[PDB]
Amino acid sequence: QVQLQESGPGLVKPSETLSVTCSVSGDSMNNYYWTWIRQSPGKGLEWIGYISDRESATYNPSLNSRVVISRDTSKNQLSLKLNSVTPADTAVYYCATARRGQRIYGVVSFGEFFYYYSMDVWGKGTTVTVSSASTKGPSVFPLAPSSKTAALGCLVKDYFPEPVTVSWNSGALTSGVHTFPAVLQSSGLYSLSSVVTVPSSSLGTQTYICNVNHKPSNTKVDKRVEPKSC
Amino acid sequence: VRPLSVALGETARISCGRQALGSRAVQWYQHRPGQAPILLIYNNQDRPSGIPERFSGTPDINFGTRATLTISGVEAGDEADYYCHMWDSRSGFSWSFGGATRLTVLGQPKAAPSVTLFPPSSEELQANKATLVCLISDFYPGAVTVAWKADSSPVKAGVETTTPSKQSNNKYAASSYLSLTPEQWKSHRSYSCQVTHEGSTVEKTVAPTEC
């Protein structure tokens with residue numbers, strides 16, 4: 001049961017260094033080769049590089065020697081550092097295990113083989129934006145249930161950059177939850193809404209709290225949503 | 001991207017974007033929006049546990065056999081970007097995952113949108129702002145028209161609407177926001193969010209004077 005979770009800054013300024021981490025759970029880092037892949041808005045998947053056992057890393061020349069991948073076995077963490085960033089480095093960054101295969105097409109003794117890699121286990125990804133614009137934490141408002149199931153929610157207003165995560169009742173309330181894709185306003189600010197459809201006769205008795213996380217601004221808002229005063 | 005469309009239940013055949021010279025080892029990846037990529041096929045034909053046996057790759061058997069990903073009984077849930085990561089003995093290290101084939105799966109049942117309209121919260125109004133929130137979900141196909149009315153007059157001020165995008169259940173979701181002054185909110189009899197989809201309309205209305 002090996003599991004990967006990435007964490008990062010969410011926002012870096014051009015010419016600075018982007019640093020992401022991947023926490024590994026369920027097994028020793030030592031039992032895998034490791035790699036980073038990113039997914040940029042409007043571009044396909046891009047392979048950044050990989051690191052083998054002896055701390056030996058090989059990088060895609062597309063990153064022009066701006067990249068360092070390393071392991072910290074005392075924390076079971078994989079690291080990526082990308083320096084001299086530009087807006088073209090804005091992407092979702094994924095950690096993954098890599099499986100090295102060897103395809104022999106002639107005599108091995110004559111080096112007639114090639115190595116290839118399959119990426120078999122992936123993390124969930126962490127979004128990093130490169131912009132000179134400053135971060136902005138959201139304002140969260142309750143979207144109260146109809147007085148007449150009913151839908152209630154939270155309005156997550158005016159933030160930058162993406163993303164924001166929303167849970168309900170600290171993860172304990174997942175059925176009927178729908179967090180919508182954010183709208184990108186002309187201001188370049190984002191807003192989203194998260195909704196949950198719950199039984200009407202639960203209202204006033206059952207506590208509904210939307211937990212809003214905007215990591216880049218270090219904003220965590222816990223918003224109770226109760227029925228209209230009316 | 002290379003767009004490809006296939007009807008529900010049919011067999012999709014996705015060709016690798018580049019063809020192999022000599023001995024090859026091909027991996028296929030599926031990437032759905034909002035998810036990490038997934039390994040479908042490796043070493044040409046090998047299938048990881050957990051991947052449906054509906055997916056298969058072409059064996060390298062010394063025919064001029066183009067590497068192809070076959071998906072039998074194509075489902076709505078197979079709509080994704082597909083990557084063929086081609087390695088061969090003549091081409092050198094394969095840094096590129098290649099371009100994506102964006103598979104669209106057609107023939108799905110029309111589904112009318114669920115629409116929920118929220119008026120401004122008392123908390124937002126206290127902060128001297130007001131946003132009407134229109135959430136539109138569970139519809140198919142994805143083409144939709146979203147209009148706002150103040151009383152019965154059409155409105156185009158303060159309106160920010162998303163491009164519809166696929167949900168996990170493979171129907172579409174969208175939202176529209178109407179920004180108002182508290183004074184505008186309170187001075188009208190009502191505001192409506194009107195969603196027209198495949199020739200029919202779902203419309204919700206809110207009013208400052210009603211709970």
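To find a chain, count down the sequence lines: A is the first, B the second, and so on, and within it residues start at 1. The deposited model was determined using X-ray crystallography, 1.9 Å.
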Note to self: Help me out, what's the drug found at chains A and B?
What the structure shows: 10-1074
Check: What label does the deposit attach to chain A?
Finding: Fab heavy chain
Check: Short version: PDB name of chain B?
Finding: Fab light chain
